[PDB]
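Among the contents of this structure: forodesine.
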Amino acid sequence: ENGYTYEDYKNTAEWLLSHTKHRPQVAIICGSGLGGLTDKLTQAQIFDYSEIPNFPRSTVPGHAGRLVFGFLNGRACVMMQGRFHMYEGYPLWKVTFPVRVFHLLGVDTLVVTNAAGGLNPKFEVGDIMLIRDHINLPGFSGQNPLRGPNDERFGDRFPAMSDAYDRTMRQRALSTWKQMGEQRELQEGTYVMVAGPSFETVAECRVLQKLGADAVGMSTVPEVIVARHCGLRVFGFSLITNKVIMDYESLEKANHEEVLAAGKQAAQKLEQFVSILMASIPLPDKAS
Amino acid sequence: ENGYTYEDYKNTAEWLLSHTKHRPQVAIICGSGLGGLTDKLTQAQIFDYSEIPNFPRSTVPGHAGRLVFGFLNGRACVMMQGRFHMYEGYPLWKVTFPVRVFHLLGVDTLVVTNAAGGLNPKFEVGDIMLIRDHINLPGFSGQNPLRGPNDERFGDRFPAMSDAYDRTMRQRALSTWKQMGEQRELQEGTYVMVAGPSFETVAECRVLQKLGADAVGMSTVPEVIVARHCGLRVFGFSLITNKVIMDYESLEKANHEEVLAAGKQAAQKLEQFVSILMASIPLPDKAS
Amino acid sequence: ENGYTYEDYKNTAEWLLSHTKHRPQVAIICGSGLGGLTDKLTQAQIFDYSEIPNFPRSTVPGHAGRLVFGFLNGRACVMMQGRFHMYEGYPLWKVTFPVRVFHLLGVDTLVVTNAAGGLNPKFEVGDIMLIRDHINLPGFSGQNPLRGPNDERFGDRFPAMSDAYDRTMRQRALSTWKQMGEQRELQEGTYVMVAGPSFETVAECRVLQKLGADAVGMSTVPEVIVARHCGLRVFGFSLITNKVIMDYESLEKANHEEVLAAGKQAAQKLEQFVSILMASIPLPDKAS
Ligand SMILES: O=c1[nH]cnc2c([C@@H]3N[C@H](CO)[C@@H](O)[C@H]3O)c[nH]c12
Ligand SMILES: O=c1[nH]cnc2c([C@@H]3N[C@H](CO)[C@@H](O)[C@H]3O)c[nH]c12
Ligand SMILES: O=c1[nH]cnc2c([C@@H]3N[C@H](CO)[C@@H](O)[C@H]3O)c[nH]c12
């Protein structure tokens with residue numbers, strides 16, 4: 001939590017607000033290859049992290065990392081193209097800083113997307129997995145973005161996470177997928193967050209799946225945790241980029257280079273699905 | 001380990017000693033809702049962390065956190081009302097600082113108490129679980145209070161922990177419980193330490209139980225580790241405050257608010273049990 | 001990764017090179033009790049960490065920790081007698097610093113040796129386990145030596161580790177062992193890295209084996225990770241020093257003191273095996 005003071009977040013939200021006529025309701029954190037979602041915004045207004053007052057800049061990828069305000073399928077959004085990861089060096093209170101400010105911007109929902117490895121055998125690369133749960137490996141050890149002294153202005157000391165991924169939004173999504181006439185089913189599973197940048201060995205791959213994880217990635221979990229601490233409605237997707245877990249013959253490993261496809265149709269389909277799902281995010285106007 | 005120098009601990013123990021006529025033999029670290037145990041001390045002398053020379057102050061809860069010297073059922077004690085946790089921001093060498101000083105005070109036994117979630121289905125909220133073992137999740141990753149350069153004046157480089165929770169004291173306790181005429185049995189199990197302040201998701205809850213943990217909490221393990229490194233006799237209890245692990249329907253989750261009961265009878269019963277157990281802690285006077 | 005700049009490593013390799021006529025091809029990191037391997041070098045040239053420009057000094061054991069250049073069974077080597085461990089306080093980018101410099105020295109292979117606990121029941125103390133895989137517990141949580149901003153000059157952002165331990169070198173080794181006429185077989189397994197200096201409890205011992213680890217230690221994994229990031233050929237051995245995992249009666253625990261044997265025949269045999277294996281490390285001269 002530390003590093004930043006409540007006023008820090010307030011000065012950043014206040015600056016954004018005074019700089020964009022936009023008042024975001026939905027915050028979207030695009031995983032790798034999912035940045036083109038920003039292409040769908042109307043009335044887009046871009047802010048390079050760089051420009052925003054206390055916003056962590058990108059460790060190299062700034063030339064990808066930006067904040068885009070606009071409208072997506074009826075919702076006022078703010079998208080984070082190029083999220084921060086623990087592995088780049090950002091302590092978790094920098095990684096999740098955007099979230100805390102989105103909260104002060106007025107954002108009430110956060111849709112997190114990521115590129116993950118398929119641990120569930122059922123999964124196929126290209127698959128989209130609705131996140132129904134997560135295992136926060138960094139959090140178990142101390143790397144919980146909430147670590148440090150708690151600010152009741154954002155939330156409780158011990159926020160529950162057993163209900164992090166909105167059930168309703170997960171039902172809607174599933175329904176949206178069905179009604180889309182999408183044949184291949186919307187997969188659902190537990191995302192296990194792993195830190196380090198290096199990729200998993202077959203042995204680690206096996207602990208991850210025996211732990212009950214369906215997809216492994218290096219992000220999402222921190223942002224979710226602080227979003228939920230904030231009280232935001234959270235739900236997200238995982239784009240399965242590679243498959244993992246076998247030393248029967250572990251030579252080629254379909255290594256994430258499938259990021260070429262992240263600049264392809266699967267990514268595109270997730271972006272579309274996410275865009276259609278805006279219609280399922282309750283308007284703050286009671287929309288009932 | 002670092003942050004503090006051996007002389008730091010010595011200056012703190014020396015100050016306490018020169019400030020209390022008391023010479024503690026037993027150190028008791030009260031978990032949440034177990035602070036009323038201090039109410040049982042005779043000849044109580046209170047020290048707010050604040051007042052003690054190198055003692056970490058509380059991140060907000062100072063208004064709960066204090067050190068009380070006194071006598072409990074025949075033993076000269078020093079109780080820590082309101083222990084420190086990793087999640088509040090304290091590096092582990094601050095969390096476990098008290099222990100190192102209790103050691104220099106002359107303390108030879110440490111009874112650790114905590115409020116934990118029931119992972120073992122057998123457990124019921126209100127249950128008291130004698131800690132027979134622990135899984136130090138933060139320790140596996142690097143968060144071991146002993147990390148840093150070792151002081152042979154406190155202990156070895158590689159202290160064993162396979163025998164952390166005194167078997168004798170665990171037998172006595174079990175016997176004390178039986179002889180107390182207590183019907184509901186004294187549960188015994190492995191306490192899994194988890195760091196982060198946010199609560200466990202059903203998926204994490206499942207890794208914890210498949211890992212063989214019976215109770216999950218966010219403390220105890222560090223203090224135990226350094227107590228044992230010090231050579232102190234350690235044994236402890238876990239007050240089961242909530243139950244955990246099911247998404248069959250994971251809406252209400254009996255969230256720790258059962259801390260109301262921590263200001264209730266279950267807490268009270270653990271406090272009493274702990275007090276009766278003083279009679280089972282060998283006097284340094286050879287007491288044979 | 002941070003703490004050091006690319007130029008740091010370059011200034012250290014450059015200094016070593018300008019200080020030793022030696023041009024190492026093989027780097028050997030000796031685990032505990034395996035330092036006598038340095039006794040096998042011809043044309044040995046010793047450098048105390050202390051003397052090398054940006055080289056982390058030892059937290060106490062400097063009086064053991066040194067870098068020895070020489071020739072071992074046909075290969076130009078550089079040995080690290082007394083490696084660094086997370087538990088001594090070294091952040092992982094100090095622990096693995098040697099590796100990055102060995103790389104700039106021209107080293108293309110790294111043989112890592114360690115002393116580990118036997119989790120696989122098949123193992124017997126004294127046994128040598130060829131590392132076929134690893135589970136990086138510290139890495140899952142954030143302690144990955146690669147954490148921080150990536151230097152493409154050393155390697156990729158997301159290096160794969162599924163193929164860390166050279167299969168060929170693991171075949172050769174196995175063959176070398178067979179041809180040595182060694183009766184007791186060369187064990188092979190997954191090494192699980194655990195951080196903290198304190199030893200495992202029976203409960204932790206059980207999570208480690210249910211996780212599929214065969215041997216537990218507190219090193220190797222970081223060095224391997226950065227070696228592989230560097231592109232070096234990595235393979236290694238684990239000398240089983242103690243056995244672990246049972247509370248049926250967990251009193252004496254064959255605690256690592258078997259390090260007496262680390263100054264004995266088992267250690268000696270690993271040192272010999274490692275020395276014979278030099279003949280199996282491809283010469284850079286295309287050696288075909
Ligand atoms: O197999 C995998 N393990 C861990 N992370 C990833 C990813 C995620 N996608 C991004 C590109 O690989 C990267 O930031 C990482 O978090 C794809 N496949 C895997
Ligand atoms: O389900 C649980 N998971 C992790 N910790 C706790 C606790 C412990 N009790 C205190 C109040 O919930 C808090 O400091 C935490 O360490 C009670 N229930 C749980
Ligand atoms: O049972 C064990 N658990 C963890 N490490 C070790 C070791 C390793 N050997 C060294 C001496 O015990 C020490 O640095 C540690 O990493 C031997 N046995 C065990």
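Per chain, numbering begins at 1; letters A, B, ... match sequence-line order. Read the numbers this way: they start at 1 and go in the same order the structure lists the ligands and their atoms. Below, each value reflects all heavy atoms present in this structure, side chains not excepted, and no hydrogens, waters or symmetry copies.
Most heavy-atom contacts to forodesine (ligand 3): the chain UniProt names Purine nucleoside phosphorylase.
Other chains in heavy-atom contact with forodesine (ligand 3) below 4.0 Å, by letter: B, C.
Residues of chain C that UniProt annotates as binding phosphate and that have a non-hydrogen atom under 4.0 Å from forodesine (ligand 3): C/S32, C/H85, C/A115. Distance from atom 14 (O) of forodesine (ligand 3) to its nearest protein heavy atom, with residue and atom name: C/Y87 OH, 3.0 Å.
According to UniProt's purine D-ribonucleoside-binding annotation of chain C, the residues with a heavy atom under 4.0 Å from forodesine (ligand 3) are as follows: C/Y87, C/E200, C/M218, C/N242, C/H256.
Distance from atom 5 (N) of forodesine (ligand 3) to its nearest protein heavy atom, with residue and atom name: C/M218 CE, 3.4 Å. Entry annotation: chain C, source organism Homo sapiens. With respect to atom 3 (N) of forodesine (ligand 3), the closest heavy atom belonging to the protein is C/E200 OE1, 2.5 Å. Residue contacts with forodesine (ligand 3), taken as heavy atom pairs separated by less than 4.0 Å, involve C/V244 solely via side-chain atoms from C-beta onward. Assignment of C/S219 to the shell around forodesine (ligand 3) is not supported, since no heavy atom sits closer than 4.0 Å. Atom numbering of forodesine (ligand 3) starts at 1 in the shown order; those under 4.0 Å from a heavy atom of B/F158 are 13 (C), 14 (O). Nearest to atom 17 (C) of forodesine (ligand 3) among the protein's heavy atoms is C/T241 OG1, 3.3 Å. Summary of contacts: the protein heavy atom closest to atom 18 (N) of forodesine (ligand 3) is C/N242 OD1, 2.9 Å. With a 4.0 Å heavy-atom cut-off, forodesine (ligand 3) is reached by the backbone of C/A115 and by its side chain too. When only non-hydrogen protein atoms are considered, atom 10 (C) of forodesine (ligand 3) lies nearest to C/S32 OG, 3.4 Å. Residue contacts with forodesine (ligand 3) for C/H256 involve side-chain atoms from C-beta outward but no N, CA, C or O (heavy atoms, distance under 4.0 Å).
Contact analysis leaves C/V259 out of contact with forodesine (ligand 3), as no non-hydrogen atom separation drops below 4.0 angstrom. The contact residues of forodesine (ligand 3), taking heavy atoms under 4.0 Å, are given as B/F158, C/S32, C/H85, C/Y87, C/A115, C/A116, C/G117, C/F199, C/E200, C/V216, C/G217, C/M218, C/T241, C/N242, C/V244, C/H256.
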Provide, line by line, the atom pairs where forodesine (ligand 3) and the protein bring an N/O atom each to a distance under 3.5 Å; else say none.
from                  : atom 1 : to     : atom 2 : distance (Å)
forodesine (ligand 3) : 1 (O)  : C/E200 : OE1    : 3.2
forodesine (ligand 3) : 1 (O)  : C/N242 : OD1    : 3.1
forodesine (ligand 3) : 1 (O)  : C/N242 : ND2    : 3.4
forodesine (ligand 3) : 3 (N)  : C/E200 : OE1    : 2.5
forodesine (ligand 3) : 3 (N)  : C/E200 : OE2    : 3.2
forodesine (ligand 3) : 9 (N)  : C/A115 : O      : 3.4
forodesine (ligand 3) : 12 (O) : C/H256 : ND1    : 2.6
forodesine (ligand 3) : 14 (O) : C/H85  : NE2    : 3.4
forodesine (ligand 3) : 14 (O) : C/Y87  : OH     : 3.0
forodesine (ligand 3) : 16 (O) : C/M218 : N      : 3.2
forodesine (ligand 3) : 18 (N) : C/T241 : OG1    : 3.4
forodesine (ligand 3) : 18 (N) : C/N242 : OD1    : 2.9

